[PDB]
Amino acid sequence: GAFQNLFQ
Amino acid sequence: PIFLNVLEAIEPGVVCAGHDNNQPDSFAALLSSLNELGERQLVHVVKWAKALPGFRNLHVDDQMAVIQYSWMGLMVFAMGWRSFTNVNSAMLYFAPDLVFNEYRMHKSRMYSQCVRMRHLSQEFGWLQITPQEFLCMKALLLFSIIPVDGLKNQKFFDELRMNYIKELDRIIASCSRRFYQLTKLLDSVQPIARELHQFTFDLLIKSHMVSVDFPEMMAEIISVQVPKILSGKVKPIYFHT
Ligand SMILES: C[C@]12CCC(=O)C[C@@H]1CC[C@@H]1[C@@H]2CC[C@]2(C)[C@@H](O)CC[C@@H]12
């Protein structure tokens, strides 16, 4: 996950 | 007022798109710049959301999901406000280096959606929306779109959403006409967001054909989350029916 990388 | 203090303190700053305003307005260049702006803004929305009161009450999977469903409405609402404050709703102020006149509205192939966003922006003037009302409403938009089958820990979300609504009613305080109008304005974001969702999804599907660039996180979100909304598995929470 691209956005999950960013979320954490 | 601890609540307003935190809202005011966490409110993001100015985000620029990096658009080249010396080249001719083309569809490909404008939309590629809007996508890059969406990406840059998403970083800011994540940091903002996670700093909101209560937000960590949510299960971490719900925190991500609520961001991934609500970003379009949140961004569009913020852009409407900037447009109102900066240029009196005459143009769409996506960013300092990306302001849409009618010509760019037309060239973007999103003219009808841009017009709707412009109407939204005039609403902030016509209703005399205060900066604090704006801030409370924007925070509520984060908790206005969820899976029809609920969230992982849905009870904490319902309690959060209840509290944000209370805070708005509170900053409001025939005074009930006010809450009617603010709630109607919040609802009016959702159809605009839905048409943008359909537009950006179709644009992603045809992105190689039309030479529009999607950044990584935008492409993932629009291919994995946005279809859950367009297919009806995830749906806005309207005040009015
Ligand atoms: C959220 C953004 C970008 C941030 C903002 O100020 C609002 C604006 C609304 C239209 C969106 C855009 C990001 C990129 C999208 C989704 C394009 O692909 C098509 C419509 C654009």
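Per chain, numbering begins at 1; letters A, B, ... match sequence-line order. As the structure lists them, so they are numbered: ligands from 1, and atoms in each ligand from 1.
The drug assigned to ligand 1 in the PDB is dihydrotestosterone.
For dihydrotestosterone, the chief contact partner in this model is given in the PDB entry as Androgen receptor. Other chains, heavy atom under 4.0 Å from dihydrotestosterone: B. Neither the backbone nor the side chain of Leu204(B) comes within contact range of dihydrotestosterone; no heavy atom lies under 4.0 Å. For atom 11 (C) of dihydrotestosterone, the nearest protein heavy atom (residue, atom name, distance) is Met72(B) SD, 4.3 Å. Residue contact check: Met79(B) has heavy atoms under 4.0 Å from atoms 6 (O) of dihydrotestosterone.
Neither the backbone nor the side chain of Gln113(B) has a heavy atom within less than 4.0 Å of dihydrotestosterone. Filtering the residues that UniProt lists as binding 17beta-hydroxy-5alpha-androstan-3-one in chain B by heavy-atom distance under 4.0 Å from dihydrotestosterone yields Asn35(B), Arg82(B), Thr200(B). When distances from atom 21 (C) of dihydrotestosterone to the protein are checked, no heavy atom turns up under 4.0 Å. Interface of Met75(B) with dihydrotestosterone, defined as ligand atoms under 4.0 Å from a residue heavy atom, comprises 1 (C). For atom 13 (C) of dihydrotestosterone, a protein heavy-atom neighbour is found at a distance under 4.0 Å.
Among all non-hydrogen protein atoms, the one lying nearest atom 7 (C) of dihydrotestosterone is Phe94(B) CD2, 3.8 Å. Of the residues of chain B touching dihydrotestosterone, most belong to the UniProt domain NR LBD. Residue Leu31(B) holds the heavy atom nearest to atom 19 (C) of dihydrotestosterone of all those in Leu34(B), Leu31(B), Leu196(B). Taking every non-hydrogen atom of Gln41(B) and a distance limit under 4.0 Å, the qualifying atoms of dihydrotestosterone come out as 4 (C), 5 (C), 6 (O).
At least one N or O atom of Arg82(B), backbone or side chain, sits closer than 3.5 Å to an N or O atom of dihydrotestosterone. In terms of protein heavy-atom proximity, atom 16 (C) of dihydrotestosterone is closest to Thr200(B) OG1, 3.3 Å.
Looking only at heavy atoms of the protein, atom 17 (C) of dihydrotestosterone is closest to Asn35(B) OD1, 3.2 Å. The binding site of dihydrotestosterone (heavy atoms under 4.0 Å) is made of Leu31(B), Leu34(B), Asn35(B), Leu37(B), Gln41(B), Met72(B), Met75(B), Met79(B), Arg82(B), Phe94(B), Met110(B), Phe199(B), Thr200(B), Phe214(B), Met218(B).
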Are any protein N/O atoms closer than 3.5 Å to the N/O atoms of dihydrotestosterone? If there are, list each pair with names and the distance to one decimal place.
from                : atom 1 : to        : atom 2 : distance (Å)
dihydrotestosterone : 6 (O)  : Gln41(B)  : OE1    : 3.4
dihydrotestosterone : 6 (O)  : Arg82(B)  : NH2    : 2.9
dihydrotestosterone : 18 (O) : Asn35(B)  : OD1    : 2.5
dihydrotestosterone : 18 (O) : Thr200(B) : OG1    : 2.8

